[PDB]
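In this structure, meropenem (bound form) is found bound to L,D-transpeptidase 2.
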Amino acid sequence: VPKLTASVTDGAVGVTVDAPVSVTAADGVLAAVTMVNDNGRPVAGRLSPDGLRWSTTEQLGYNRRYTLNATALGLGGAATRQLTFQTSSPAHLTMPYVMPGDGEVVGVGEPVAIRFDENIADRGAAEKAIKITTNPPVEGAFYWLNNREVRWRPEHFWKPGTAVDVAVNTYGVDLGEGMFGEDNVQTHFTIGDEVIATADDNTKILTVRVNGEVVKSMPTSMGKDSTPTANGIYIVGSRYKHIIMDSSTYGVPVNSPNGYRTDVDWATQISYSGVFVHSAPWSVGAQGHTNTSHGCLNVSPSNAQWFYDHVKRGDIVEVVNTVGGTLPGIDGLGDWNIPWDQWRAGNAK
Ligand SMILES: *C(=O)[C@@H]([C@@H]1N=C(C(=O)O)[C@@H](S[C@@H]2CN[C@H](C(=O)N(C)C)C2)[C@@H]1C)[C@@H](C)O
């Protein structure tokens, strides 16, 4: 008689739904295989052309009891078998979100970012549920920025032309304290040209290199000694054609000495802390000579629009020789300031 094997055991509980359920027959073929819930609704499944193996084709649900019926037929006759199991019952669910967006072309400094809408109690599980593929292949590693967002990057800036595939396979995974993934998330992106801009406080020149060659110099005026621009490696973020900056947000009333409601053009964000490269017509005389800002890299209106036009998310701004300290590794765009050994060793525990 034929032999039936399944990837689940009869009477099992807490069966995780991160995996398909499969049925195999030896010494015969599968005539039929059905799987239903406790309202007798069938789960989508597929039987191989050779009749040897069947598998479910759609996500199983949480809190469900499934009944599997299978019948195989061979030379020695027929065999019919049945089992029931129950799936995980989460305490909570969390949903993941991943940047950069799918399809995007990004700069050589862009990390893979996966953000959850709940605190992750088992970072180790989360990391293992995330599969990142790279071509040309390159070693990278996970580091957590806070309790909800993990980052991934190589030791050195990405090589242009690298395809990155990210499969966040969290559905059915116990992420700790009864917390399970709400769904999977998939994304794909590509690394473009190496663009690295360097602001040297010694010279007050912001020089932009594309694949190693200067294509632009910009006189700049960085943060004054009271509020200096931090040295470090910054990752380019969002850009805006026009933006305001209110001191009303952060407590300071606009009708106060240090208050400021300021219309700003051509702003390219390079740190979560609020450092921008932007249009500063009112500082043009100081640019290339004196620092005058609150930290932002002030450039001329046409130098700011050039930057907004030719610089992309993930490109790099390196700041050097100023009187500030270093940008925090965990700023949000400060990832490269954490030494590799510390980054690679991670903080999953
Ligand atoms: C660029 O100069 C823009 C930003 N304005 C700033 C400001 O005047 O405060 C700074 S950020 C500043 C640093 N910490 C403060 C804060 O919110 N915390 C205490 C955490 C705000 C920034 C470069 C433009 C608005 O001036």
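In what follows, residues are counted from 1 in the order of the sequence shown. Going by what the header records, the deposited coordinates were determined by X-ray crystallography, 2.3 Å. Read the numbers this way: they start at 1 and go in the same order the structure lists the ligands and their atoms. Note that these values count all heavy atoms, side chains included, but never hydrogens, waters or copies made by symmetry.
- By chain and number, the binding site of meropenem (bound form, ligand 1) at a non-hydrogen cut-off of 4.0 Å is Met245, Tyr250, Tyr260, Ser273, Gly274, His294, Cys296.
- Using a 4.0 Å cut-off to heavy atoms of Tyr250, the atoms of meropenem (bound form, ligand 1) that qualify are 7 (C), 8 (O), 9 (O).
- At a distance under 4.0 Å, a protein heavy atom can be found next to atom 9 (O) of meropenem (bound form, ligand 1).
- Any N or O atom pair closer than 3.5 Å counts here, and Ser293 shares no such pair with meropenem (bound form, ligand 1).
- Taking a distance limit of 4.0 Å, we find that atom 19 (C) of meropenem (bound form, ligand 1) is approached by no protein heavy atom.
- Distance check on atom 1 (C) of meropenem (bound form, ligand 1): some protein heavy atom falls below the 4.0 Å cut-off.
- Mapped onto UniProt domains, the residues of chain A touching meropenem (bound form, ligand 1) mostly lie in L,D-TPase catalytic.
- There is a protein heavy atom closer than 4.0 angstrom to atom 22 (C) of meropenem (bound form, ligand 1).
- There is no protein heavy atom less than 4.0 angstrom from atom 15 (C) of meropenem (bound form, ligand 1).
- When chain A is restricted to the residues UniProt lists for substrate binding, the ones with a heavy atom within 4.0 Å of meropenem (bound form, ligand 1) turn out to be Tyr260, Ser273, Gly274.
- This entry records a covalent bond between meropenem (bound form, ligand 1) and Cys296 SG.
- There is a protein heavy atom closer than 4.0 angstrom to atom 26 (O) of meropenem (bound form, ligand 1).
- Proximity of atom 12 (C) of meropenem (bound form, ligand 1) to the protein is not indicated, since no non-hydrogen protein atom lies closer than 4.0 angstrom.
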